[PDB]
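Looking at a structure with pentostatin today.
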Amino acid sequence: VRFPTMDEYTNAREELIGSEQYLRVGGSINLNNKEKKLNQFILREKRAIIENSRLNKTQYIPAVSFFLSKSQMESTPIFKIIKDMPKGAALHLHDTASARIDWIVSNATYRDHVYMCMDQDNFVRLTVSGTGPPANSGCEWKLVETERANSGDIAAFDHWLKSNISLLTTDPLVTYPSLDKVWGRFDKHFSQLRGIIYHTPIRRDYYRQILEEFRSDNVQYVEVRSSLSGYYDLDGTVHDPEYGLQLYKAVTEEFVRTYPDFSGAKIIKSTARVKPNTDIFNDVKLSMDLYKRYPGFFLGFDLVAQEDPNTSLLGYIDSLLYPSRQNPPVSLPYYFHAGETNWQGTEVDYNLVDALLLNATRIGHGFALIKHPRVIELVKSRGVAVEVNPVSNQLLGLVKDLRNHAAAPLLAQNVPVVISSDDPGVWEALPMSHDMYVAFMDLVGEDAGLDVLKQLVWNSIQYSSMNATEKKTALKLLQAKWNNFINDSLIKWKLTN
Amino acid sequence: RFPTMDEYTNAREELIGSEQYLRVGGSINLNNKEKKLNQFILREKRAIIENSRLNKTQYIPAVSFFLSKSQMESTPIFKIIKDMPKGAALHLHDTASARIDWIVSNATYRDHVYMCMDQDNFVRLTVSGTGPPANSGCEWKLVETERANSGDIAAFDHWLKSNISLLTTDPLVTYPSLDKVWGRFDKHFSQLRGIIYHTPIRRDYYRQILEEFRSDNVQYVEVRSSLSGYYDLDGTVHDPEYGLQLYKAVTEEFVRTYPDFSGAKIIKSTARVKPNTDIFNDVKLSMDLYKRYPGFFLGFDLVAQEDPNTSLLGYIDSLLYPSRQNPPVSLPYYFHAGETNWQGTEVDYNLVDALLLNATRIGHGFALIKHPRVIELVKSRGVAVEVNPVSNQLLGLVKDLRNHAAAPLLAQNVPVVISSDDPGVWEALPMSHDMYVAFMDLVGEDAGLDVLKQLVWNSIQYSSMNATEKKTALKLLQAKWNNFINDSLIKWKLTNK
Ligand SMILES: OC[C@H]1O[C@@H](n2cnc3c2N=CNC[C@H]3O)C[C@@H]1O
Ligand SMILES: OC[C@H]1O[C@@H](n2cnc3c2N=CNC[C@H]3O)C[C@@H]1O
Ligand SMILES: *[C@@H]1O[C@H](CO)[C@@H](O)[C@H](O)[C@H]1NC(C)=O
Ligand SMILES: *[C@@H]1O[C@H](CO)[C@@H](O)[C@H](O)[C@H]1NC(C)=O
Ligand SMILES: *[C@@H]1O[C@H](CO)[C@@H](O)[C@H](O)[C@H]1NC(C)=O
Ligand SMILES: *[C@@H]1O[C@H](CO)[C@@H](O)[C@H](O)[C@H]1NC(C)=O
Ligand SMILES: *[C@@H]1O[C@H](CO)[C@@H](O)[C@H](O)[C@H]1NC(C)=O
Ligand SMILES: *[C@@H]1O[C@H](CO)[C@@H](O)[C@H](O)[C@H]1NC(C)=O
Ligand SMILES: *[C@@H]1O[C@H](CO)[C@@H](O)[C@H](O)[C@H]1NC(C)=O
Ligand SMILES: *[C@@H]1O[C@H](CO)[C@@H](O)[C@H](O)[C@H]1NC(C)=O
Ligand SMILES: [Zn+2]
Ligand SMILES: [Zn+2]
């Protein structure tokens, strides 16, 4: 008889469950006594919310649309703890989508020579023109200063601007109830801001706001996708990508010199995957040059924009292989968005295969990865971190209930993962705290606590592209931040005995 | 590494080919006729996927069954799957596996059938041969009278159907949460409980299960049944052994009539809301029926909603009782387990106990992909997972069926059988709708006839037939399969490649 007694049964059961706990993300962490006190409180809070949903038969709010869950999570102890927690790094961000829309309204649209119009789809668009109103090509441009002053209600005018630009004004899952409907709205958001946010002094100040906001959410380091290209002055001068990179380099240096508690930033060049291969070839050659001449600030290349209907990595393969085929070879690093799809066995999810054959340093999203066991092997063996952006994946149509997020089985296998926010400005998320909350509450289990948070945070520095000296310094800084957070949390939540 | 495109293509195809060989059906070698049919299926599959992807419209096979049912039935892939022999349906409930239309057109035209509207405004049906039923909570009326007085009998019969089916409206819209749709699902069983437990109706309904499944080219079924409490017009209530004997006689006569049909076996089910002392008695009952009806009575299962009710651990001394006897008794178990979006809770840990208790198959296993060690045990022991895709969508585990958690199981060749669960409740066919959505949503664009053939063979090879019965059933299946291949080549004009 295998289990003659309860003790024989529970011994076997606990060993099996415990063996899976050791295998998941953070499973090898041993919390010290202070960490255990905070962990016990977190786990009591997590069990309370889950058991109420389960036994009282009501929806699990951490997993519903961010439009509904945002205000609810923010009043809770687990959220407040994650808010205070050092996040380490945000490794997957876009430079025109990572600061507050409120700043675009309150700062950028109060500058001289800013114009607005309503397009044929009934969305506001903003731009800058130093030579009077722009040509009225399908849009009647009006000076924002004049429109605001004549609105009859300035605060309502500014609120309307924000409401017309944000994807969280209504619930995207209701208003745009399909992948291509919500991607139409997402694409529209960037068209709305494209004019104003590519004006050079506004772009410079918006990037600085990214750094300020991320530091304020206790993020010490960022790596940012940027097109780098087309920043324009009041007189119409258009700058080249190298200038855009130098501009970001100077903003970053000033910021780190001001704030020694912040590790810094590095940049990935991005190009939209709607362009012809001749354009991508030029951008790959550009990236080769910037990688050689700006090492340790310029990281490499990525292809962005909607993955399902547009060009595959294989569609660009001659350009993407070109650096490795040079004599001598040049190893241009790649950070491909890849597998951001519900499709299986198609050209889209097979981008994951090409991303690994091209030696990607990290993979963006990887939502389809759990359907690809041989790709998982390569991701684990090579230490290619998957950048998991849970709010983005829900709002942009990959999943509804976040407990169905395809990264949960990756985390259970200890696939290397970093959490990031992607485009937090677009849908009014915080730099990291909202995404870290949904990952913690939806993508791991009821009995997964502070060890999971600690591992994800450390992962974001370990799988950053900092060099050895930078990374050693950043990890010492993170450890100091972590110790302060543990001590502060015990006092705040009255857990010291 | 890739000086030319040939070397790049070879590594790409090696990796992709490795995954195709690993997944369900990857080792099958199709003969030349099967290859012709496979080529047409794959051409059809790519055409629908490419249209959704490139023309940016929703992928109908993956939307609510309420929307997709009428759309899929006109397509060649569905028609091929309809003609295809399915082998076996291994996960079925005996009060939910024949048409509601038969309940209306046959059962409610029998003498002594009564109806009432309950406090939630749903029709309930029952039989009373000893006067009208007592008006406890609702006012019972003779259906014969209500129908004759309706002034539109067609509309009256259609109203009965509409008031009982869960597909009258889209359950994802009308009952938009787990516990709302489970409320509706529970209500369905209450609506029919009285009438479907009347012995002659219960006998004839079970016969209709076999007729309908045979008509959908299913040759064998294993069915969950409570067995107990069938009642006569004079009020006699029968015991579980009588119920089992009734089904056995129906099955034997059905197989006599239709030698092209392999037959049926029965699993005793009990709802997991009862006290442990009652489950103990049902285990003892099952031990006795297993001993005295070997080869017709299979074992035991716990059913009803998994999340808010009793866990397997909550019954563990009852479930361990057979193994603890002197000499031990191995009562086979078929647990519904892991039918949940929860992780790290008592609900998904039912999967651990199902393995420790030596379950022969696991029902649903939706949470299994979150449990890497349980996956390896399921694979090494050959414990088939009964995957019920329409059920899991309608009953609230997933919205887009491409996020179904069995897709990553199939990609690793976890042993899986497709079944329909409760096809009569929501107007599905015995197997063809579930096999279509499995084929279109749970495997990839490049997965063809080999996946279908493997799933069909799996349903016999992981059935509870003994080895001799399996050989006989596979001979019959092979003959059906060969006829299906030849017929399909003629029907779809494929004979000349
Ligand atoms: O100007 C920014 C560019 O980046 C795209 N972009 C911004 N966020 C994402 C993008 N692209 C792909 N996947 C979804 C998400 O991760 C939009 C635009 O082309
Ligand atoms: O009388 C039939 C019983 O079976 C349950 N039942 C029927 N179908 C299912 C059930 N239980 C659990 N999971 C969903 C699905 O697989 C309902 C009722 O208690
Ligand atoms: C269910 O809700 C009630 C209040 O409505 C509360 O008393 C009880 O604790 C809840 N149960 C759980 C397990 O949260
Ligand atoms: C906008 O930001 C700039 C740069 O930080 C600052 O100088 C300017 O005063 C701001 N505008 C307003 C209205 O605060
Ligand atoms: C944007 O503003 C216009 C004009 O007020 C309004 O009609 C439209 O609904 C708004 N769109 C969104 C998405 O808020
Ligand atoms: C990828 O990296 C491997 C290991 O360093 C190297 O040998 C190979 O040439 C690289 N391939 C490409 C295409 O860059
Ligand atoms: C998209 O639709 C058009 C007709 O509207 C059709 O001709 C075309 O082939 C479709 N594209 C695909 C890839 O199916
Ligand atoms: C109902 O089924 C029974 C048994 O199969 C049959 O005798 C009877 O004719 C049927 N009733 C109707 C109305 O078809
Ligand atoms: C059932 O019938 C009643 C009475 O006609 C009707 O009001 C109710 O909406 C129906 N319910 C469903 C779920 O169809
Ligand atoms: C499970 O099966 C194994 C192998 O047949 C057997 O040794 C063991 O006793 C069984 N365990 C239980 C709990 O029935
Ligand atoms: Zn992105
Ligand atoms: Zn079931």
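In this entry the chain letters A, B, ... are assigned according to the order of the sequence lines. Residue numbering for chain A follows the PDB entry, covering 30-526 in order. Chain B uses the PDB entry numbers throughout; the residues present, in order, are 31-527. Both ligands and their constituent atoms are indexed starting at 1 by order of listing. Just the heavy atoms: all of them, side chains too, but no hydrogens, waters or symmetry mates, feed the values below.
Copies included, the model assigns pentostatin to ligands 1 and 2. Here the macromolecule with the greatest number of atom pairs within 4.5 Å of pentostatin (ligand 1) is listed in the PDB entry as Helix pomatia AMP deaminase.
Every other chain with a heavy atom under 4.0 Å from pentostatin (ligand 1) is named here: A. Taking any N or O of A/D451, backbone or side chain, at least one lies under 3.5 Å from an N or O belonging to pentostatin (ligand 1).
Assignment of A/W212 to the shell around pentostatin (ligand 1) is supported, since a heavy atom sits closer than 4.0 Å. Contact between A/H121 and pentostatin (ligand 1) is present, with at least one heavy atom of the residue lying under 4.0 Å from the ligand.
Contact between A/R223 and pentostatin (ligand 1) is absent, with no heavy atom of the residue lying under 4.0 Å from the ligand. Within a 4.0 Å radius of atom 12 (C) of pentostatin (ligand 1), the protein contributes one or more non-hydrogen atoms. Of all the atoms in pentostatin (ligand 1), the ones that sit under 4.0 Å from a non-hydrogen atom of A/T125 are 1 (O), 2 (C).
Of the protein's non-hydrogen atoms, the one nearest atom 8 (N) of pentostatin (ligand 1) is A/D452 OD1, 2.7 Å. Short-range neighbours of pentostatin (ligand 1) under 4.0 Å, ligands and ions only: ligand 11 (zinc ion). Binding site of pentostatin (ligand 1) at 4.0 Å (heavy atoms): A/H121, A/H123, A/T125, A/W212, A/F215, A/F219, A/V333, A/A334, A/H366, A/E369, A/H394, A/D451, A/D452.
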